[PDB]
Every structure is written in structure tokens, then in C-alpha cells.
Novice: 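This structure shows BI 2536 in complex with Bromodomain testis-specific protein.
Chain A is numbered as in the PDB entry; the shown residues are, in order, 25-136. Counting starts at 1 for both ligands and their atoms, in listed order. Note: hydrogens, waters and symmetry copies are ignored here, and every other heavy atom, side chains too, is used.
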Amino acid sequence: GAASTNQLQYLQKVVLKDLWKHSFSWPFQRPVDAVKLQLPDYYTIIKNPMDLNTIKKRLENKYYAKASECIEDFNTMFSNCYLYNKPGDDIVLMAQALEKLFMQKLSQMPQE
Ligand SMILES: CC[C@@H]1C(=O)N(C)c2cnc(Nc3ccc(C(=O)NC4CCN(C)CC4)cc3OC)nc2N1C1CCCC1
Ligand SMILES: [Cl-]
């Protein structure tokens, strides 16, 4: 298909899949459960929550019109983690490692 089709296909079949398979993806595989995690303030602080399963469903459901919209959701997921947590926290180190992988896969995004 067209470049834009290949881009969203790449985000689903390669980028999302490889991030999910990474050993540090588990905190990012579901929405934050504020009661379970004992964090009453999470959704007061984070007003545009995002996670990999939401992104997965959106790609499956053909929700994104173009790749940039999907990339915005991945970046939001990482930014939320940096904003909510503190420097040096384990969850931040995990996010940073995942983001490094994300950036590597993006650097090979097709443009045709
Ligand atoms: C939401 C804040 C931040 C973040 O940004 N994301 C994305 C996140 C996504 N997922 C998780 N996952 C879990 C984190 C903690 C637990 C857990 O079992 N917490 C116990 C709760 C009861 N308490 C007595 C002892 C600790 C389970 C998790 O997943 C099932 N944590 C996340 N953190 C962490 C939240 C605490 C540090 C940072
Ligand atoms: Cl599900």
C-alpha cells in the first residue's frame, strides 16, 4: 500500500510488537489502576493517560488516520511517566530503556 499505510502497519507489526516483547514493557501494558497501585493522585496529575494496550486497540481498530497520531500517543506514554515520577526511579529507567528502543525503531520508519 501507500507510504502512510506502510507506516501504520510498521508501527503495529514491528514497533508496538517489539516494545511489548521488551522485558521492561510490563508496567506500560495496561492503563494505570490507581486503586490497585495505591495512587489516588495519578489521574489528577495525568490528564492524558496512555498505555500500550490502548495503542494496540487503536491500531487494530484503524483509529489513527496517520502515523504521526500514533507516535503522539507513544510519546505521551513516555512523557506521563517522566512527569509523574522522580529522577532515578526504577520506573523512569524502564521508560528510558523502552523509549530508546522506540526511537531506534522510529529511525527506520519508511518514507517511500
Ligand atoms: C503509576 C506510576 C508509575 C508509572 O508511571 N507507571 C506507568 C506505572 C505502571 N504500572 C505500574 N505497575 C505497578 C506498580 C506497583 C505495583 C504494586 O504491586 N504496588 C503495591 C501496592 C500495594 N502496596 C502496599 C505495595 C506496593 C504493581 C504494579 O503493576 C501491577 N507502576 C507504575 N508506576 C509505579 C507505581 C509505583 C512506582 C511507579
Ligand atoms: Cl484486552
Novice: Which numbered ligands or lettered chains belong to BI 2536?
Specialist: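 At ligand 1.
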Novice: I need the residues around BI 2536 (ligand 1) for a figure - heavy-atom cut-off 4.0 Å, please.
Specialist: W50, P51, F52, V56, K60, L61, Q62, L63, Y66, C105, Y108, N109, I115
Novice: Answer yes or no for atom 7 (C) of BI 2536 (ligand 1): protein heavy atom present at a distance under 4.0 Å?
Specialist: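 Yes, because at least one protein heavy atom sits under 4.0 Å from atom 7 (C) of BI 2536 (ligand 1).
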Novice: Hmm, which UniProt domain of chain A ends up with most residues touching BI 2536 (ligand 1), do you think?
Specialist: Bromo 1
Novice: Could you tell me which residues UniProt lists as binding JQ1 in chain A have a heavy atom under 4.0 Å from BI 2536 (ligand 1)?
Specialist: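 By heavy-atom distance, the UniProt-listed hits: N109.
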Novice: From atom 28 (C) of BI 2536 (ligand 1), is the closest protein heavy-atom distance below 4.0 Å?
Specialist: yes
Novice: Can you find an N or O of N109 that's nearer than 3.5 Å to an N or O of BI 2536 (ligand 1)?
Specialist: yes
Novice: Looking at atom 36 (C) of BI 2536 (ligand 1), tell me if a protein heavy atom falls under 4.0 Å from it.
Specialist: no
Novice: Among all the protein's heavy atoms, is there at least one whose distance to atom 31 (N) of BI 2536 (ligand 1) comes out below 4.0 Å?
Specialist: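 For atom 31 (N) of BI 2536 (ligand 1) the answer is yes, since some protein heavy atom falls inside 4.0 Å.
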Novice: Does atom 25 (C) of BI 2536 (ligand 1) have a protein non-hydrogen atom under 4.0 Å from it?
Specialist: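 Given the 4.0 Å limit, the answer for atom 25 (C) of BI 2536 (ligand 1) is no, no protein heavy atom qualifies.
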